[PDB]
Amino acid sequence: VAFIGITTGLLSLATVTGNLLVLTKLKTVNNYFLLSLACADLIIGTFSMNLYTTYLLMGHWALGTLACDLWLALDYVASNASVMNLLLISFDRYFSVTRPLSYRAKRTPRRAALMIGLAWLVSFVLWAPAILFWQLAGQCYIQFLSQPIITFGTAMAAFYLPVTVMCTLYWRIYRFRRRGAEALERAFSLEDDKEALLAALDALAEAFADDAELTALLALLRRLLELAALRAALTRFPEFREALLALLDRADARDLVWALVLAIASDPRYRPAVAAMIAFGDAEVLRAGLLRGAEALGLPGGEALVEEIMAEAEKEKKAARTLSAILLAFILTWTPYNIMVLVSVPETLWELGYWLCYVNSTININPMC
Ligand SMILES: CN1[C@@H]2CC[C@H]1C[C@H](OC(=O)[C@H](CO)c1ccccc1)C2
């Protein structure tokens, strides 16, 4: 009777005052995609939470008609915007992993802040006029969907399909990066080996697929390790041909590949693809292998590459867990309501599940720190 108001009263203040906090550069496209999630969470956590607080009364619902439509429209627009923005984030991560050169290079604040606008527009148009322009005593529900079949269909379409897409994409990127990290780890863990030695090159080839040139080089090196353009292909590496071709005289291929990885990671154009696999690696075996490659290169200037690559690796580990925290929170909190729609329980649990989709808001901004 009194704890209901307190829990949903402080959460709104902990969310609204916890969401205006994220609103000084930080122009990373990840932050651009998180901005819309933060705005939708703010709108929810203030308007929908307060109106549900006022709904949970002995008079069924106060301020009917107009407010019963306005609150419903705001809730069902902001929730769809949040789901579609999470889908956008997941697809962005998947394409950044899969196409690190064709697509990851062309990620700019423009042409990515336009995909954000389409996320809201295809959601606002679908949900706002469908109920606000559709024209019990206090009951407030979307009259345009007063049926069990309709609610099951909308729940499926707006939750399970995006959820299965997100899980498939996250699992795919996790496996794609994990296999490369394992192969790279075995490249140094086992010495005088051929299987792991070729596996490292295979993982490098799979990582770089959007340029064809780097792939051609990896195919050439695979053929060499088991014609005369080996030097011409290696000429793409500046200030590195003399050392690398020296190791190409002739076993010794363990030092050649580890030297090749450092040289590939040098150019910022195709660095992040290597940085991802390094980030999901053991951080010790890969560091030792990279140091071995640097020492096999002859150390022209020094170990000026290993230090910041690990810095870029950990800056990728933070972005990997942040996606997990936001996605996992959405999966856990929204599930109780969308399993209740599956079984179609008293109103004492329908309202308990309805506000469980609002506690997703407060835990959304915590990973942003
Ligand atoms: C209606 N509210 C309450 C609290 C927030 C919102 C969503 C929750 O219900 C759902 O998850 C459906 C699909 O099941 C849904 C509706 C709009 C957009 C995406 C998904 C319950």
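Sequence positions, counted from 1, serve as the residue numbers for this chain. Looking at the header, which is where the method is noted, we find electron microscopy, 3.4 Å. Ligands are counted one by one from 1 in listed order, and the atoms in each one are counted from 1 as well.
- The drug observed at ligand 1 carries the PDB name atropine.
- The macromolecule with the greatest number of heavy-atom pairs within 4.5 Å of atropine is, in UniProt, named Muscarinic acetylcholine receptor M1.
- Looking at chain A and atropine, the transmembrane segments (UniProt, N terminus first) with a heavy atom under 4.0 Å away come to 3, 5, 6, 7.
- Residues with a heavy atom within 4.0 Å of atropine: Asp75, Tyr76, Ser79, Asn80, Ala155, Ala158, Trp334, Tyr337, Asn338, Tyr354, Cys357, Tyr358.
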